[PDB]
Amino acid sequence: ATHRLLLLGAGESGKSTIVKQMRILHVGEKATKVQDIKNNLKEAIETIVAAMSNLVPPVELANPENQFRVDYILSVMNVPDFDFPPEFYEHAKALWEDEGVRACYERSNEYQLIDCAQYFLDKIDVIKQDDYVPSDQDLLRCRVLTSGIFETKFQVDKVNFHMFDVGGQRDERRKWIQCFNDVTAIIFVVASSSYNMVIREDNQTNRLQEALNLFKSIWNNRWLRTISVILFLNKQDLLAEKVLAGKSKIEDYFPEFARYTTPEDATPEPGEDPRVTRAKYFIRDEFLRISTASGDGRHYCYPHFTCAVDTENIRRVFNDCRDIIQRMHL
Amino acid sequence: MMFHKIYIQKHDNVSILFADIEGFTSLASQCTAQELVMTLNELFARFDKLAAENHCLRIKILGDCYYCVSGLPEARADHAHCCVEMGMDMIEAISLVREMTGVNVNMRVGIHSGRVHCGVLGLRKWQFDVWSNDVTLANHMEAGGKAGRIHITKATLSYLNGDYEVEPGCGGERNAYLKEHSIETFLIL
Amino acid sequence: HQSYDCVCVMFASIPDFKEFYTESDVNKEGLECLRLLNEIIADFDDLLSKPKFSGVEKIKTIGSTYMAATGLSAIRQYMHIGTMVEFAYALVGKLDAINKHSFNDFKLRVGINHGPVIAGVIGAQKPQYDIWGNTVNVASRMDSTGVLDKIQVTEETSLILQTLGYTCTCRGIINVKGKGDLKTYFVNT
Ligand SMILES: CNc1ccccc1C(=O)O[C@H]1[C@@H](O)[C@H](n2cnc3c(=O)[nH]cnc32)O[C@@H]1COP(=O)(O)OP(=O)(O)OP(=O)(O)O
Ligand SMILES: Nc1nc2c(ncn2[C@@H]2O[C@H](COP(=O)(O)OP(=O)(O)OP(O)(O)=S)[C@@H](O)[C@H]2O)c(=O)[nH]1
Ligand SMILES: C=C[C@@]1(C)CC(=O)[C@]2(O)[C@@]3(C)[C@@H](O)CCC(C)(C)[C@@H]3[C@H](O)[C@H](OC(C)=O)[C@@]2(C)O1
Ligand SMILES: [Cl-]
Ligand SMILES: [Mg+2]
Ligand SMILES: [Mn+2]
Ligand SMILES: [Mn+2]
């Protein structure tokens, strides 16, 4: 038995994150990504400090001292082969340690910022070492853009899976077609958290709305009429927090939440705030409404509340998938 | 069910031959429209006769362009010699048909050996054809070729067992596709 | 074969596609590409079977370029010229449909020309229906020097479309190698 799986979804949805979570799960070289992790960190801070003055209103620093570190972090933004001196990490940290900078991170829904900001900025002091070796959570949080198509093969219980990962941006979607003939099932990934945020491709289109249309585009495709879709409502942690904190609400972007109440088939996680339940099952049904329209038993949709960086959640759900591949005799 | 049935398939270790009329438009100035189609048909009917002798399969005719392959429908290890031997007869055959035009007609051969996909596209009015980067190249070998001479690729010579005497073709200095891909070409003597 | 007094020829290529095409372990060395091209040609072939288009003959395809013609079924009166344009539009409509599902922004480049042609068959291996003439390579040139989304016509072709209801704009002066500098026109939507 061999089952070719294809991951589809928008930018930053967390597709590549899942592919690693198969090397982690079902399959020395870690030294090459330490480079890439430092870059993240670099892009992370420099992005926030840059964003400060380009906001309405602009966010001011808590400590007028830090100004020169801002001057530092700015003047070094473009530098090509940056060698990350210990000063860098010092200013970098102090900058993250600044309150205004955090108050600017609290508004990182407005400008464009990679997900792993908080995570890495909280371990400057860990990454700063030259003896440093990244943990497996570091490996997952690491962000590199995917351009092209990548085939990594794995095996579970002597059953072979081919997994194809592709660029999720608009300009990258042209290549997708090359995986439409003979595909066992589609894994559609969605950044559930990105309801208060817009995509990089133009800096205007709502990310989730984009994800809804893109899903609609795949559901109603002319070469995917029979091919079933496993929907991965991802970034559940990020969602849950955004919800609970109660800053940028859901109904302020997607107004149809104002009428929606929690469903009865709803199985919440042990001790999960009703509002989190309410929200993710709102986001679930948003994609299901798109899927309860067309198809008519020819293909099927499979909802999943997922956190791609959490290996425990992913082991759990990818089996829930393996079962469903064998079950429907695909 | 989803797509249509592709009537295409991969084939390795094959040789693609292309050849065009040198100065057809210059010639198309003298003779009547029907006189050309006479010569053309007179030429290619002859060309299609040579094909079968050299174990060559004609693909398609694009006006003044003729192009056949070698290594179909079933394969051959001797495939690259064929195209060369085909070109040889193609060369002299044009000089004998030059008798009928009475004008300076010439062929320009280009051969590359590699991999193809082959079959037919669409639904209505099928025609046999071939496609690949290698096939794309073959045409640029013809294009960046030499008059009355047989332009061959580095890959074509490696299947050619060094039986024929070649010379530096320098296709890089004749075609932009041949330069921009560092392809080193040769010319049969 | 025989010659005709007033045929209508159309070349409509999608340049974008050459750069699209790629061979790789992932895409089965360009097979999954052709596969889309397949669909396209197929989608474009589905028209010939319409009612408003039944008087349109599909000739051949070259690489990714639809070649077709009108008025091969006789002994307003240029009603067929406009049909060719009406058809050209329908091609684009079908490409926009593919673009939607394939996640591409492919654009058709069209060239239409009318005038005398020579019809008939060529080749001994397998005779295939084709058309020759100045008209045919000029239309081909109304394509190779074209602009995407637009239909590039000759002045002669432009004049008639005006009497049929279509408005036009002058591109300027294109050099048609061998026949010289000729004025050309784009059709308005
Ligand atoms: C006055 N011209 C003609 C009179 C009668 C018959 C044909 C022609 C003619 O010009 O045919 C064109 C084209 O329609 C005809 N042709 C190409 N493809 C097709 C085709 O697919 N069907 C019919 N005719 C075709 O080929 C011929 C030229 O080939 P081309 O590639 O455009 O120029 P080259 O650069 O190869 O030659 P030259 O500058 O080297 O001298
Ligand atoms: N907190 C959290 N972060 C997540 C989760 N899933 C993914 N991320 C993070 O989001 C970022 C983007 O994930 P990634 O896998 O790179 O996206 P992608 O869909 O592959 O992106 P692309 O290549 O199409 S442009 C990464 O930093 C990743 O660690 C999740 O459930 N929770
Ligand atoms: C269809 C894709 C692609 C890239 C593949 C290919 O090899 C071609 O089909 C050849 C070279 C090739 O099939 C040999 C015949 C011919 C007629 C010379 C083709 C055209 O030049 C195509 O260009 C056009 C018109 O697209 C081209 C180059 O296109
Ligand atoms: Cl998303
Ligand atoms: Mg990726
Ligand atoms: Mn020629
Ligand atoms: Mn030609």
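Numbers restart at 1 for each chain; the letters A, B, ... are given by sequence-line order, proteins then strands. First listed ligand is number 1; within each ligand, the first listed atom is number 1. What you see below is based on every heavy atom in this structure, not just the backbone, and it leaves out hydrogens, waters and symmetry mates.
PDB records give the name of the drug at ligand 3 as forskolin. By contact count, the main macromolecule holding forskolin here is known in the PDB entry as Adenylate cyclase type 5. Other chains contributing a heavy atom less than 4.0 Å from an atom of forskolin: B, C. By UniProt annotation, the domain of chain B supplying most contacts to forskolin is Guanylate cyclase 1. Chain C - PDB entry name: Adenylate cyclase type 2. Covalent bonding of forskolin in this entry: none to a chain. Entry annotation: chain B, source organism Canis lupus familiaris.
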